[PDB]
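Here's Proteasome subunit beta type-5 with bortezomib (bound form) bound to it.
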Amino acid sequence: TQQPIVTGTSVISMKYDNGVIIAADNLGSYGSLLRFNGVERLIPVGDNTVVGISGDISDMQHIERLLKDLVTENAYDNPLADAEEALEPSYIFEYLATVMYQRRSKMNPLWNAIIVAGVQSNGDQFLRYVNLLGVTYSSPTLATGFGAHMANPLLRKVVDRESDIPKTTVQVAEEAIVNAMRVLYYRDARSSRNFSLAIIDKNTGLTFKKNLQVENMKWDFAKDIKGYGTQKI
Amino acid sequence: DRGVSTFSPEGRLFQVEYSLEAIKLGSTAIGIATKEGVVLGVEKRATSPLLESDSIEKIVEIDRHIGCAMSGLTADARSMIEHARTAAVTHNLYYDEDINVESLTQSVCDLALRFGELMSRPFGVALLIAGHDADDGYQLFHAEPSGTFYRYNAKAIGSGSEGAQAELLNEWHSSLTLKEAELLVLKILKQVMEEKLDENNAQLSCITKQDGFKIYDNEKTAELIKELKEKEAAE
Amino acid sequence: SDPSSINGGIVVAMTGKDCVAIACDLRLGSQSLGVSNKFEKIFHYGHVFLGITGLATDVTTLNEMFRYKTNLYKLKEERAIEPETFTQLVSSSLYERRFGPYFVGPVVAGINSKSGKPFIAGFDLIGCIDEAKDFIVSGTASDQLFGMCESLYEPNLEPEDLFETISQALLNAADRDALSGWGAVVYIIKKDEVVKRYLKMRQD
Amino acid sequence: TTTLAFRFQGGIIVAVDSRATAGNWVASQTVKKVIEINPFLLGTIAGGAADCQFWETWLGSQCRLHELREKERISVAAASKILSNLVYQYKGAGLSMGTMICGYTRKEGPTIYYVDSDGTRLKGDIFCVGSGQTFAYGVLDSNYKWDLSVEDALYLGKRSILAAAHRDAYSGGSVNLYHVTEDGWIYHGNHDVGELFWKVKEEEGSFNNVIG
Amino acid sequence: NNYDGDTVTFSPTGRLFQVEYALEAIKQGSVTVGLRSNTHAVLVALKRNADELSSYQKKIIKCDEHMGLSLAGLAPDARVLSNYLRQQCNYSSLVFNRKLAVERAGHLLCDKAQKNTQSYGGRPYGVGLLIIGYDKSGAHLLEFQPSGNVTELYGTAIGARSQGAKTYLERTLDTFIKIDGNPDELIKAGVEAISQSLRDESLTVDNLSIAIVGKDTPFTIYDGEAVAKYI
Amino acid sequence: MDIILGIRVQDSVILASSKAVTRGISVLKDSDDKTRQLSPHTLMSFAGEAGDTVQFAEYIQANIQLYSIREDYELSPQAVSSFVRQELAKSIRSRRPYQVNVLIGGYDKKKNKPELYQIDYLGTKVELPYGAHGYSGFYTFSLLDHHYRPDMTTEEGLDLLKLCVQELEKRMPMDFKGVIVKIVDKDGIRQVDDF
Amino acid sequence: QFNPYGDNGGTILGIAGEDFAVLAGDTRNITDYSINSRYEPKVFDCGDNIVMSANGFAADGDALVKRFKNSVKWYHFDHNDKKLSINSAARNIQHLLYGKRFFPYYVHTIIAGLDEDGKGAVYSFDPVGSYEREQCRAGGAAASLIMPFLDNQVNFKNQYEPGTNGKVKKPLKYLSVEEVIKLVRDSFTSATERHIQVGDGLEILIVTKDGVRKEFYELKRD
Amino acid sequence: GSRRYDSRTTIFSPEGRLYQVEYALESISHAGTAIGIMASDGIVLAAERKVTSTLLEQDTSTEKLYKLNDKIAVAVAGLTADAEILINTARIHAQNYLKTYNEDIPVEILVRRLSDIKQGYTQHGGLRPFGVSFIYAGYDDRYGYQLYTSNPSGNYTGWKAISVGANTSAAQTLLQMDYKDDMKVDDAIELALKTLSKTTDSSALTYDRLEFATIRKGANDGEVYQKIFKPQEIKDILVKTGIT
Amino acid sequence: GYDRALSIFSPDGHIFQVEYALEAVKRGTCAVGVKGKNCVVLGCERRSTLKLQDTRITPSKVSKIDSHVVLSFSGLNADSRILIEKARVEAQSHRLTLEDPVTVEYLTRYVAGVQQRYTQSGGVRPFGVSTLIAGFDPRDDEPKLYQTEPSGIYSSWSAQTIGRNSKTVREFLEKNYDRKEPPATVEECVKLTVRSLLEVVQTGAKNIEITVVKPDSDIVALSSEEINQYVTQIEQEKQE
Ligand SMILES: *[B]([O])([O])[C]([C][C]([C])[C])[N]C(=O)[C]([C]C1=[C][C]=[C][C]=[C]1)[N]C(=O)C1=[C]N=[C][C]=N1
Ligand SMILES: [Mg+2]
Ligand SMILES: [Mg+2]
Ligand SMILES: [Mg+2]
Ligand SMILES: [Mg+2]
């Protein structure tokens, strides 16, 4: 049993017709202090998987090392390491899910919420969640922390059920994600303007976008708001 | 000296092959399987007339549906029987059912090769494990100290084994009754035994679906011995 | 609840001219209930005397432990243990149970057989040695005993005078403590003779 | 839960209720609270359902191993002591069990042992265990004799459970009756309280308080 | 001679005699054949009996839905090693949701057998194994030796008189490899291959044992009247 | 359990122990014998937490019986009491201590003297002319302080014991369902069936 | 302080027919007042004509099902591909649950299938391994809503025959697969209305001698 | 591996003897003779030091007679270093018993414990046995004065008079001749010294070549006193008995 | 730990360490067991090479395992103590858990199991001891007499002997003991036991020990004078 110290906030994601999109801001908070402004919380594994992590950053770095070591171990005595016997999103997720549940069962959890996004060998979209309790679930849209409360509602208007996935393009899906990140910057007190976004497409592969910013914000109406009720000036 | 788990140039484990020689010195035990049941019989072989022969326990119950006969260094069999009984009862606890005869035999045979430098040597005793289950019916198995087990329609082990096995070769057929099998065990035991066969120096047992595993009384066996003498004198 | 004051009891020791004295009460109780009036708290291994206050089960256990150790000492060393050496043995033995201690207040008393020098010492429950010139106190009426000893005591008292001082120190201290009393014993110790006196005191 | 067992002229009567609850929620009305250890040993169960089932099922395995090894059925004393020694190892861990080990042997005769997860093991003639035990004791003690017929003793046990099923909120469902004799136990049916209550009320003239 | 007392002793020519004596136990064992095409992989095993009253010793063991082996030598050692494979296949499934690669399964067996050849007290395994399987890179056939050496092959045979079946497969290499989408013809080639190792005795109904795994075919064993078709 | 008493007279030791066994709001039994014979001339009564009491008593019994067979000799009551004390003194610093208080009444055949030892769960041993555990002593010690004489006969001891039980039955809140009385003397151990 | 348990909501329902059995469960997965997934399968085919669901804390639920599926696999290996009977599976599950008696799987488990006489069978478990064969059982969050309805409509409790007035009970006629599915659908629709953790979708697994069939139905998504 | 160098100390010969035990007894047969004699009013322990030197400090020396507790003593025959290992174990065992039962350990119980330790080294562990034979002289209130002996086999027996070490055959014959049941300590002292004086391999028996001890009830009232004799005291008793 | 396999098979299928343990039993002093109709008697030889012994304190050959069972032996004396101790512990353990004293068969089965365990455990040699275990089961009047040996095999005997010159005394018992009518009284049984030892012992003075065990924990050891009376009567009848 511990308490989380340096923490990362929401990770958000969704499926679209040819793949999956995932995003997370670049902040490492220290309680109310916005301590570290250059933290990458999306960690790619190969050219077909991206693991998005929220919660304790020290534990995130541990998980980052476990995945890095997983790639090394998979390459050992494996001529098809960059082909048929390459690491799949489903393999990477199940490994993490095993670790997360084992650690919670020893009363010494990895204080994180994780989303594994990727594309399988047969072109199928992979998107699944796992957290400190070892709880797992899949859905057309997935989000952690504040994202669950604010991002999912917006992303579910685009893809409400399974049959909406083939009807959703990469442009529409990316637009929804970027909008959701703006809403989180408006309303999450432990978020930052700077974020990273990753797209894993079955045709165009892995596109990793760094140093993105929330833009087109509405603040002008603030000038008209005066006092808290009766005040006019 | 030399290792306990050493291979010979022929590709056999010395200690396992030597334990098989100890089994050849043991008293005779015969098993016969039929569609009406499986019969198990043994030679008691008392070393002296003062020895109370009823205390010689070379036929043993493992569960209600599984019996066992032994031959060789019979002291070694006690831990094997204890393991078999525990395995049978434990499986009933975990699965609310009787355990398959083959599965029980396999569990006993897993102990066999757990020796090295675990126990210090292989077992010096062979077992005839007879029983019944719903899947494969009436069965008879021969469990060696090599860890190997063969299923048999009929089998003899001990000092008069090769002579008895040749006799079982001719006599056994797939339509044998239980009564015919009982007499056949007594017939072959009487042939290979040094001393004259009677109810005190030989023991019978069987396993049926209805009544389960039963060791025969000396009064019941005596009648079957008397029934045997008459039918041999008949022709 | 507090282990050091379930059973109750006291021990006091004093030095005199070429002599030492050690005394104790006889009570053993279960909180308010008085159980035994014959529970002596002073033991001896050869010429070295040990008084022990506190939890009664540990008083008994430690006596048996030091009898054990002083007997082995004597067999190997081929001589009786001295008070200075025994004091160290008590300290060592108590400290090895640092985080699971015997709930006791030991007191050593005796005369060194070679030098003839009078010796007393006190300990806390985990082994700290208090080697006083004048006197040592222990038990549930330690405050009372400190007050009596600090006022009544003077140095270089003769054995028969020292008896009166230590006896009056114990008796009057015990009478101001609910968990002490029910009889008392006083040992007067000289280089080659030891007198043991049971005191008449109020039985409440 | 209400379970009872008492010694008498014709052996032992065992009677139990059938209810299981989680707080105020009635989880089951069809629970088997008598466990058939062997053809001559019965075990009642009260308290934690899983603890009781697991360990009395386990007890049967230990009793079966005994008679394989010793070529002789286990005594009621030895069977009860296996269970009591087991739960004593787990003392403090939070097992919740109250049982009667009931059976007959040649050397002992009809015997009842009360065994409990605190480690208590008591031989006795009459026992009632469970949340509704006091209600059962009221009927049982006022009507008990050594010289009872099998028919009358069975009814008394049935009636004592009914009394507790009525008053105790955590007892009810149905009554399972057993009769243990020299030749083993005999099952005497499941008796639904919903039908048994009105039957007893009318015939016996009891429960005049209730309207029917 | 003086250097065969235990597994921890090299001979003057750099040989490990205890390992070689363990290898000898395989040659005494009954013959078994392995072969594959691009779609399927087949095991064919000649079972041995003690006498006419006895049953025929089982030669093939299932490890997973997509993998299994045939044995030749000490059967209990095959049970230990097959149990280890079952666990390793199972660990891969539970932890990584991944069917164990046949090549990696061979690597694990190699390393397990090796530890027994370098340490004092223990002994080498006295059995040879033919592992077949279908994974993400198609059909596979492996040959395990208790020295530790594991080899991926198109076809092979081990046991007594196994040289005859091995020569046949060496001639038929170009033919049976092309038998794709046809299990019965691949088995026929396996049954015809094991027939080259027979002397005196012939393939009867309770003598023969066949197993197969493929693209849309789980690892299944055929015994009894199920193999009468191929006699 | 509740009340256990002991009294050492001229030529014997008398132990009295309640018959009630109460779990919760019900008296489950009214004929429970809270004692075990450790040896032919040594008897131990006990009271404490449920389960622990019997488990401890029988464990001690087994150990003394083992000693008796090994040496073909009966240990003195003093020796048995010291053994028992050490077990309890060991127990009190265990993971889960034995929560048991005992009285050990024995007749020493060597010294021809009766002996009574009172030992609590902490391992606190005392030899006494009369003893008690729990709330029993709060009533009985005052009576025994008045009446007891060291040269009493066994019959006088039983009368003095009746006077103790009568006081307990009058003033204690719990119904302990009477007592089983046992006498320990030179001839061994016997039970007074009428009390 | 770290709390190793959580509540993923949901509700499951098993009903035993004369020659069939069904095990139903909603597809919603939640934490607190949020929806994790509208379709997260909860009832699983475990082989040997046995279906299983472990409702409550999903992490423990998945772990248990995973371990039982594993137990079925090793039962085949160790006992010559013998079919694991429903009664044997139930006893095995008791030992899996009681094995963690002092750190329990926080789930209510139900399995369904056919007994060795071919008749429909449902077994029900508490978190620590206590079990019991039943003709009818609902488990999980909305179990308190559904079970009473099933006592009434499956076992005909508190129902009597007209004209007799409380004297003659309603006869316990058997229910067909079409009749059972109607009761399952109405049970979940009713539970969805009054329980916030129940909704989104209903997935039913039907077990017969022919095998395991699946049926899916939409539920309210609010 | 290591098997090559294992002597296998705990095995049977074809005749059914324990090799190492037999060879340990052969070692002890060359050790200095020790004699124990039990009387009605006490026990005597006498022992011969092996070929001493004039420069050996005798008064502070102890190779034969050791004290286990106030009531029990032992005479050693064999390897002194081996004996001291066992002696310290026996001293501890006596104290454990005293702590447990609050009574001095009965002589036989102490003897059995040491004998069981020796037995263990012959049946398991693969270690060599202790090359030591003891004569136990002790007293308790059950059996009174007792003499025992134990050897490397772990077998022990009780005696009225007994010898261990060198020339036991000759020594036992002489003891068997002159010993009587109604004998006293003073007479037993004389018998012990006379027996050593005849069996000794030395030219003459002197005070500097002896260790001597008695266990007497000859103590102020009902109690037992152990007397380990000093060099000058051994010299006086040699003149008194008329040997020097 | 020392794990060396001392008890192992040889080419001819023999375990020499177990067989050499029997030779140690052959060397041991003679012990005999005879059961009557309502009693069992255990006779034991004391070699008279050891005089100047203290017979009060010397370990007796017959050991009580419980109040109703006794154990005598032939072979290594030190080894016998280990078996006796284990047996005594198991006897009290059985009473504690089963609430009933051990049967003679059970106690024999335990001791025999311990002996067997030492024939296939690493780093240990077999016990060089064979035992005769005799007594009466609880609440039973049928006499019991069992034998054990280093291998671990055990069996029941109407009458049996072990140790040195046991071949001779077994010859005597085989012709003199009748199964249809065993020694009806205590006298007849003790007489037959003393007679059988007199074939081997040498002198009938302090060389014969007799222990009579009767039902309901009634065990007693005969004194020198009591045994001497049997020796006198046997030889006086023989002079004819
Ligand atoms: B009975 O009331 O003791 C009963 C017996 C049990 C074998 C079914 N116990 C229960 O009903 C307990 C609750 C309880 C009530 C009163 C006293 C003690 C305990 N219930 C359970 O054990 C249980 C198990 N699984 C599901 C629901 N309840
Ligand atoms: Mg006071
Ligand atoms: Mg137990
Ligand atoms: Mg006290
Ligand atoms: Mg909603």
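Letters A, B, ... mirror the listed sequences (proteins, then strands); counts begin at 1. First listed ligand is number 1; within each ligand, the first listed atom is number 1. Displayed portion only: the contact tally does not extend beyond what is shown. Looks like X-ray crystallography, 2.6 Å, at least that's what the header says.
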Mapping of bortezomib (bound form) to structure: ligand 1
With a 4.0 Å cut-off on heavy-atom distances, which other chains neighbour bortezomib (bound form, ligand 1)? D, G
Which residues form the binding site of bortezomib (bound form, ligand 1) (heavy atoms under 4.0 Å)? D:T1, D:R19, D:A20, D:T21, D:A27, D:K33, D:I45, D:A46, D:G47, D:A49, D:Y170, G:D126
Pick out, from the UniProt bortezomib-binding residues of chain D, those with a heavy atom under 4.0 Å from bortezomib (bound form, ligand 1). D:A49
Please give the covalent link of bortezomib (bound form, ligand 1), as residue and atom, or none. D:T1 OG1
Return the residue, atom name and 0.1 Å-rounded distance of the protein heavy atom closest to atom 2 (O) of bortezomib (bound form, ligand 1). D:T1 OG1, 2.3 Å
Using a plain distance cutoff, I'd like to know if D:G47 has any nitrogen or oxygen under 3.5 Å from a nitrogen or oxygen of bortezomib (bound form, ligand 1). yes
Going by the PDB entry, what's the name of chain G? Proteasome subunit beta type-6
With a cut-off of 4.0 Å, which atoms of bortezomib (bound form, ligand 1) are near a heavy atom of G:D126? 24 (C), 25 (N), 26 (C)
Pull out every atom of bortezomib (bound form, ligand 1) sitting under 4.0 Å from any heavy atom of D:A27, numbered as shown with elements. 27 (C)
In terms of heavy-atom distance rounded to 1 Å, which UniProt active-site residue of chain D is nearest bortezomib (bound form, ligand 1), and what is the value? D:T1, 1 Å
Mind checking the PDB entry for the source organism of chain D? Saccharomyces cerevisiae
In terms of atom number and element, which parts of bortezomib (bound form, ligand 1) are under 4.0 angstrom from non-hydrogen atoms of D:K33? 1 (B), 4 (C), 5 (C)
Ligand-residue contact atoms, bortezomib (bound form, ligand 1) with D:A20, heavy atoms, under 4.0 Å: 8 (C), 11 (O)
